[PDB]
A.B. asks: 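Quick one: structure below, then a few questions.
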Amino acid sequence: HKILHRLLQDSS
Amino acid sequence: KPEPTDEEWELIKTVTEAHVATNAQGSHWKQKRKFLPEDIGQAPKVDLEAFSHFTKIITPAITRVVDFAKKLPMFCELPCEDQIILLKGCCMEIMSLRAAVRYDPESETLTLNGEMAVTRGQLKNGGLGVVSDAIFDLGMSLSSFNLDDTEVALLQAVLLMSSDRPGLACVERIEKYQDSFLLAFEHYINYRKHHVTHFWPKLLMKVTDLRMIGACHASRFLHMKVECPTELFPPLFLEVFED
Ligand SMILES: N[C@@H](Cc1cc(I)c(Oc2ccc(O)c(I)c2)c(I)c1)C(=O)O
């Protein structure tokens, strides 16, 4: 978890 | 010898578009290369002033690696649990590759993140230890292969898609993904037709060289977590290597 998840989710 | 198929070519064009949009400073790097001061990492263990200067940039480096796999379709067709397992295992592997391919034998220095130029020593004392030699020894070696984006790219995928990482879910699916790239890579190699005897088999050995580097890097991580302040470990850094 945590961030990674964040990076795998951003369209951008 | 045999070459690519209209479909595999298309595969390549992808991987590449990826590695290229996720490789720092592109092929305009040597002009952003800012050599680390001679004094950081010298006459002693570790060397925190360096360990820092290194993790101070290691963050946006991993993100790139993440951004690279995100541009690979075969990747997004996997569970969010595995997509991680992969990142965690191949992150170092893909990073250090990306650096070796940037070893200037004249100056004898790698170029991390496309901004910082470090030396065998620096990198070693910095925390990687024996891995430096290993990462540099790689660089030197590769200078002969003259890998182009595509190649580096493909090599990077072959790593990403390691079906052996532990905890994986969709194993079988992945293995073929890897199988799907390996072939293409080789084919792309034939079109390239490098002037280097008994080839691919050699290139394959490099994959191993890179897996060894990563497998070792983990070990070094633990000492780093003992000989270094938890006050210098960016999260993602920990998020990635921490168990
Ligand atoms: N140059 C690459 C990324 C890249 C960035 C860094 I900081 C590197 O050094 C490390 C890595 C892990 C560590 O624990 C320590 I201490 C130092 C390497 I090797 C590679 C790119 O362009 O993506």
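Below, chain A is the first sequence line, B the second, and so on; all start at residue 1. What's counted below: heavy atoms across the whole structure, side chains too, no hydrogens, waters or symmetry copies. Counting starts at 1 for both ligands and their atoms, following the listed order.
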A.B. asks: Which one of liothyronine, fluoxetine, vortioxetine, benzbromarone, testosterone was assigned to ligand 1?
C.D. replies: liothyronine
A.B. asks: Give the name from UniProt for the chain that makes the most contacts with liothyronine.
C.D. replies: Thyroid hormone receptor beta
A.B. asks: Counting heavy atoms under 4.0 Å, which other chains neighbour liothyronine?
C.D. replies: B
A.B. asks: UniProt domain of chain B most involved in contacts with liothyronine?
C.D. replies: NR LBD
